[PDB]
J.: 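Have a look at the structure that comes next, please.
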Amino acid sequence: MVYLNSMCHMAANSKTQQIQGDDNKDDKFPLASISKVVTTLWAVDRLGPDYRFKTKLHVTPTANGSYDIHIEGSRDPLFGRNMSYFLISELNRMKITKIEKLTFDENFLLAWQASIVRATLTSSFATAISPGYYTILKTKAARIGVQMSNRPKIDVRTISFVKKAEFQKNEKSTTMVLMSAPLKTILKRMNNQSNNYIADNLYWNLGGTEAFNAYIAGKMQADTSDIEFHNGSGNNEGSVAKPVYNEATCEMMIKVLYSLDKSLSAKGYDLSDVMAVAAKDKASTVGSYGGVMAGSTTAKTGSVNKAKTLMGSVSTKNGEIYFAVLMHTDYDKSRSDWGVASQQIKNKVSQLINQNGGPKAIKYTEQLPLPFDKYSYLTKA
Amino acid sequence: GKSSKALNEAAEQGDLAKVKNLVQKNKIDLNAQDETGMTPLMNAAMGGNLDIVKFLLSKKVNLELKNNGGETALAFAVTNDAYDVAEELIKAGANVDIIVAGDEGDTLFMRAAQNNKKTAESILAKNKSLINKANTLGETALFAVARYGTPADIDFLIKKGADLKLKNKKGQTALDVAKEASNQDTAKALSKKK
Ligand SMILES: *C(=O)C(NC(=O)Cc1ccccc1)[C@@H]1N[C@@H](C(=O)O)C(C)(C)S1
């Protein structure tokens, strides 16, 4: 069954900072993947929107004109196929195609623990590259002015795990850095649409639940009656019998948006630099949002068994307004509930816009959020 | 045959290989519906998983089965914003003259029209009359857009043949509902259209 748990809003430029909405705006409800926006705030506060993950390669020539390479990982939470293909392209451009020994430490997170990363490296990294995925990437890379090799290839004899604590660079080794795109791009990719991986790895990298509870307490004077998190993504930790969802109040979601916007603003950024724009970000869950929301609304969606959710900002003739809509669903019993709830949320948000003099388009051009950019080229440290 | 919980979960989550493992083994009737009336195809559609949809279509599954909310795979695709999948299903011959879940009985056309113009056009190319097919409350897409849309959405609908004079079951015009919903811009536009 579909019904509203709580909706709330607040004008961004509100002097009084009074959060308007229903009498349930102070009750905890399941958030689903709007949790990713809270994770965004934390990452933005702890690292900065321009932060970059600096993966290091320790590169030593070997007897036969080959190289040994050790990857000192940065826990970059967006190091998958795409970033791997870029790495391979970069090794080629540096004329590294013969690798005797490839080793990696525990901070080298690779999702296409040591046992599994070794397997993905052997299975995927060192194997043949997909022309399908590669050319698509290369052509995307070109759109943001990043150069990649044609038919890059790598040959790796041996792959193995070597703990950070137990690694010593040879004195004949050269240290190279492969920087991620800035965090804001990573967060944009995450918030457009993602499985749990990026969000959950950010949340863990920042210290997990203990550190989160400490952060939100300091930041917002929030206790567990306001917000209770178990992961970064909002996905169920328990079972369909015993579900465990991140929950928080609708007011807390408004405070999160307020604080996120303030921290981004201090570096010249807007919510649209880390969250999806209705009808403009086509690779996002809001790519087909129509009506008064199209071009005016920056937002994150969520869906889980018991909830359909949306939060973000609307740009109206009366100004920027933060909003959060938390709907109840019973997707277990009626899979149709998500679609029913999704349109009711849309209509509520459209009504909020109507009541504030109608929409006003934001300044935004659709971004292409790859895990690397033009500063990600392998470079000597 | 029997439905598989594992196949249905795989299809929703977007795990192509697991879907292929369970299907090709052929222990599973692909048209069998589970406890809430779901098929593998409805699961794939709902999750926006185009490759799984294509795989299932190559097995010639029935497109028109309905879950307990009365929804076909195409209604799942439209209502969950999987408009890539929706276009695939429409090209594969999925019936467009269907109702999506909820009390209003909105038509598929009306839901697409509020969100994805391309798909709304693809629906009308199959059945041009849907432009004016009313839901349970006697409301067309014009009404929904009058409430929650833009003058450009209204122009879109008029270009596809929207009747301006229709009245819902309460005796309201689309202009009436625009005003009731405080949508200044659509009320303005609707007052002026001839
Ligand atoms: C966050 O809400 C999401 N939810 C899930 O991953 C739960 C789930 C469980 C089974 C099958 C699909 C999803 C991700 N964000 C959703 C959203 O933005 O609405 C999503 C459905 C795109 S997945």
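The chains referred to below are lettered A, B, ... by the order of the sequence lines, with proteins before strands, and numbering in each begins at 1. Computed from heavy atoms alone, side chains included, the values below leave out hydrogens, waters and symmetry copies. Ligands are counted one by one from 1 in listed order, and the atoms in each one are counted from 1 as well.
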J.: What would the PDB entry call the macromolecule that lies against ligand 1 with the most contacts here?
T.: Bd3459
J.: Drug at ligand 1 - which one is it?
T.: benzylpenicillin (bound form)
J.: Using a heavy-atom cut-off of 4.0 Å, list the other chains contacting benzylpenicillin (bound form, ligand 1).
T.: A, B
J.: With a non-hydrogen cut-off of 4.0 Å, what is the binding site of benzylpenicillin (bound form, ligand 1)?
T.: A32(A), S33(A), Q193(A), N235(A), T285(A), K300(A), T301(A), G302(A), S303(A), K308(A), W338(A), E12(B)
J.: Please specify which residue and atom carry a covalent bond to benzylpenicillin (bound form, ligand 1).
T.: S33(A) OG
J.: Which atoms of benzylpenicillin (bound form, ligand 1) have any heavy atom of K300(A) under 4.0 Å away?
T.: 18 (O)
J.: When you compare benzylpenicillin (bound form, ligand 1) with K36(A), is there at least one nitrogen or oxygen pair between them that comes in under 3.5 angstrom?
T.: no
J.: Go through benzylpenicillin (bound form, ligand 1) atom by atom and flag the ones less than 4.0 Å from a non-hydrogen atom of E12(B).
T.: 11 (C), 12 (C)
J.: For benzylpenicillin (bound form, ligand 1), which atoms, with element, lie under 4.0 Å from some heavy atom of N235(A)?
T.: 5 (C), 6 (O)
J.: Below 4.0 angstrom from a heavy atom of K308(A), which benzylpenicillin (bound form, ligand 1) atoms are there? Numbered from 1 as shown, please.
T.: 19 (O)
J.: Just to confirm my output: which protein heavy-atom neighbour is closest to atom 18 (O) of benzylpenicillin (bound form, ligand 1), and how far is it?
T.: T301(A) OG1, 2.6 Å
J.: Which benzylpenicillin (bound form, ligand 1) atoms, with their elements, are less than 4.0 angstrom from a heavy-atom of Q193(A)?
T.: 22 (C)
J.: Name chain B as the PDB entry does.
T.: Bd3460
J.: Any nitrogen or oxygen of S33(A) lying under 3.5 Å from a nitrogen or oxygen in benzylpenicillin (bound form, ligand 1)? Just yes or no.
T.: yes
J.: Would you check whether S303(A) has a nitrogen or oxygen atom less than 3.5 angstrom from a nitrogen or oxygen atom of benzylpenicillin (bound form, ligand 1)?
T.: yes
